[PDB]
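Note: structure shows estradiol engaged with Sex hormone-binding globulin.
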Protein chains: 2
Amino acid sequence: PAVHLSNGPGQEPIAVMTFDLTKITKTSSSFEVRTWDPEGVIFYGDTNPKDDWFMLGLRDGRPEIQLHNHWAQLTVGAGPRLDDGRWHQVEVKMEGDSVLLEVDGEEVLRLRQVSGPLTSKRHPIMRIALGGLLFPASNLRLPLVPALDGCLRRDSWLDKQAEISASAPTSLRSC
Amino acid sequence: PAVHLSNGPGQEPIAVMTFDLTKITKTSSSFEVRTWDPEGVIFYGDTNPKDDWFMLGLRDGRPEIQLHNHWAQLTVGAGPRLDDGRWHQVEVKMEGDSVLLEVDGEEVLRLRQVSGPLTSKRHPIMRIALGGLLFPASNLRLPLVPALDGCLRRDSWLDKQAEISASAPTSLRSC
Ligand SMILES: C[C@]12CC[C@@H]3c4ccc(O)cc4CC[C@H]3[C@@H]1CC[C@@H]2O
Ligand SMILES: C[C@]12CC[C@@H]3c4ccc(O)cc4CC[C@H]3[C@@H]1CC[C@@H]2O
Ligand SMILES: [Ca+2]
Ligand SMILES: [Ca+2]
């Protein structure tokens, strides 16, 4: 079952999941994405919209991560273009103080020394928004137009056991 | 003609080139490297060893860039492993406020919003050291053992016209 990463204008996310960081036993996520869209947000996450946020998106067809927290502030592009209309497996996880990005089974990016343990964040609640941000795009380190015209499927986010709740503005439109 | 990136213990660089930034008309470099060594420095560069430095090396066989300046401080791994004993083409250049890394003709990493124009650096003199750093490895953001047992060939560094001088401790040992 595949869902549309964009719905309507393409402003707000198609879904927001909230997690209790003190209950996480897994700090990784994975999913498949397919699109012809060269720019947009795949997912945004934060423990604090001002002080500790993260965004994985596409720019010029390639993955881009923006991260802003106490330890690091960055805007980094990496990996092959994914806007070739084919399904691509994507994994994002924490490994020690690093954030690793794997695409189609290959590690394409490792942001080192960027964060303390998820389970140790001052604000023990993490939000994960799909297909959109939880603040205006103008507030990104480097703005981009969030709308991502693509499909998401086979997605797993951290541990379902740590998930506090999940919301969706409109009905998840299938692909 | 190929030269050894390591000579002797593997502490100091095999060569140091100095450039006048006010005369540069090209902010890119390229070379080929071959090695079985998973860790080490390919090249280091700075306009200031304390406040504005850069290091391209290998860690776990993959490219890693560390950069420290007024705009950004990072430690980032990216691209495929290069320690497969085969020749690999590598290009490192500035594009706007970004630093791009291309391997075997493919862009594998783009560090965005990391620097003002090279021609505008307070200290208009850039040093490029090959196979080593110009400060102790303990001073890196993330230390690694600098010795890189590999070969370098077909190397071009910025513009020869902007090169002020070049030095080499020992005789460049051919591969
Ligand atoms: C945990 C994830 C990787 C690490 C990400 C991170 C990493 C560091 C940080 O300071 C904040 C965030 C928020 C979103 C997180 C992501 C949500 C799912 C993904 O697996
Ligand atoms: C200009 C190069 C890319 C950009 C690098 C950089 C980029 C930003 C910075 O603040 C310092 C340096 C020093 C070394 C530079 C490199 C030396 C050769 C390479 O082409
Ligand atoms: Ca788009
Ligand atoms: Ca080594």
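As listed: the chains are lettered in turn, A, B, ..., one for each sequence line. Numbers in chain A come straight from the PDB entry, and the residues shown are 14-188, in order. We number chain B the way the PDB entry does; in order, the residues shown are 14-188. Structure determined by X-ray crystallography, 1.8 Å. In each ligand, atom 1 is the first atom listed, and ligand 1 is the first ligand listed. All values below come from the heavy atoms of this structure, side chains included, with hydrogens, waters and symmetry mates left out.
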Exercise for the section: Map estradiol onto the structure by ligand number or chain letter. Expected result: ligands 1 and 2
Problem - Chains contacting estradiol (ligand 2) (heavy atom, under 4.0 Å) - result: B
Practice task
Name the organism the PDB gives as the source of chain B.
Solution key: Homo sapiens
Handout entry: 4.0 Å protein heavy-atom contact status of atom 19 (C) of estradiol (ligand 2), strictly under
Key = yes
Exercise for the section: Could you tell me whether some N/O pair between B:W66 and estradiol (ligand 2) is separated by less than 3.5 angstrom? Expected result: no
Problem - Protein contact to atom 10 (O) of estradiol (ligand 2) [nearest heavy atom, distance to 0.1 Å] - result: B:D65 OD1, 2.4 Å
Exercise for the section: Please state whether B:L131 comes within less than 4.0 angstrom of estradiol (ligand 2), counting heavy atoms only. Expected result: yes
Exercise for the section: Look at atom 3 (C) of estradiol (ligand 2) and say which protein heavy atom is nearest, naming residue and atom and giving the distance to 0.1 Å. Expected result: B:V105 CG1, 3.8 Å
Problem - Atoms in estradiol (ligand 2) with a heavy atom of B:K134 nearer than 4.0 Å - result: 9 (C), 10 (O)
Problem - Closest protein heavy atom to atom 15 (C) of estradiol (ligand 2), given as residue, atom name and distance to 0.1 Å - result: B:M139 SD, 4.0 Å
Practice task
For B:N82, take its heavy atoms, then give the atoms of estradiol (ligand 2) lying under 4.0 Å from any of them.
Solution key: 9 (C), 10 (O)
Problem - Minimum non-hydrogen distance to atom 7 (C) of estradiol (ligand 2), winning option of B:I78, B:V112, B:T60 - result: B:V112
Practice task
Name the closest protein heavy atom to atom 13 (C) of estradiol (ligand 2), giving the residue it belongs to and the distance to 0.1 Å.
Solution key: B:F67 CB, 3.6 Å
Practice task
Find the UniProt domain of chain B where most residues contacting estradiol (ligand 2) lie.
Solution key: Laminin G-like 1
Problem - Distance-only N or O hit between estradiol (ligand 2) and B:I141, under 3.5 Å - result: no
Practice task
Identify, by atom number and element, the atoms of estradiol (ligand 2) in contact range of B:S41, meaning under 4.0 Å from any of its heavy atoms.
Solution key: 20 (O)
Practice task
Define the binding site of estradiol (ligand 2) at 4.0 Å using heavy atoms, by chain and number.
Solution key: B:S41, B:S42, B:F56, B:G58, B:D65, B:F67, B:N82, B:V105, B:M107, B:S128, B:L131, B:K134, B:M139, B:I141, B:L171
